[PDB]
4 protein chains.
Amino acid sequence: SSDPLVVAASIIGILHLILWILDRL
Amino acid sequence: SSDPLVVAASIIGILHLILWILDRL
Amino acid sequence: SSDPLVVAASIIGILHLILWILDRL
Amino acid sequence: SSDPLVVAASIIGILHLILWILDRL
Ligand SMILES: C[C@H](N)[C@]12C[C@H]3C[C@H](C[C@H](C3)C1)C2
Ligand SMILES: [Cl-]
Ligand code: NA
């Protein structure tokens, strides 16, 4: 378990990774 | 729950997203 | 403990640091 | 509580913020 704030920041970072990849594909 | 250091790093990443957006609006 | 999404985002950030270092050595 | 990996990534993120601030002061 995690603070919902920590989960959201985690989803930002993962989505940041996704898009970084997609912009470079 | 989360360690308070993880919460603070979370709040930094969220605020970082906020400001990144604001500077681009 | 942490939520696996938080763990995954963590591994991204650590791996990001590693790569940033390696690209600059 | 958090996974030590989450704590580690959190410290990276907080130290990244600090350095970012210091390089711009
Ligand atoms: C570096 C990210 N902003 C991150 C987001 C979440 C909070 C902390 C640790 C990890 C999960 C990674 C900071
Ligand atoms: Cl956590
Ligand atoms: Na936790």
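Reminder, nothing fancy here: chain letters follow the sequence lines and each chain counts from 1. Just so you know, ligand 1 is whichever comes first in the structure, and atom 1 is the first atom listed for that ligand. Heavy-atom basis, side chains included; hydrogens, waters and symmetry copies ignored.
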Drug or drug candidate at ligand 1:
S-rimantadine
Just wondering - which macromolecule does S-rimantadine hug the most here, in the naming of the PDB entry?
Matrix protein 2
I'm mapping contacts for S-rimantadine. Which other chains have a heavy atom under 4.0 Å?
A, B, C, D
Which residues does the binding site of S-rimantadine contain at 4.0 Å, with heavy atoms considered?
A/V6, A/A9, A/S10, B/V6, B/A9, B/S10, C/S10, D/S10
Closest protein heavy atom (residue, atom, distance) for atom 3 (N) of S-rimantadine
B/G13 CA, 4.0 Å
Taking atom 2 (C) of S-rimantadine as the reference point, the nearest protein heavy atom with its distance
A/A9 O, 4.8 Å
Among all the protein's non-hydrogen atoms, which is closest to atom 11 (C) of S-rimantadine, and how far away is it?
A/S10 OG, 3.3 Å
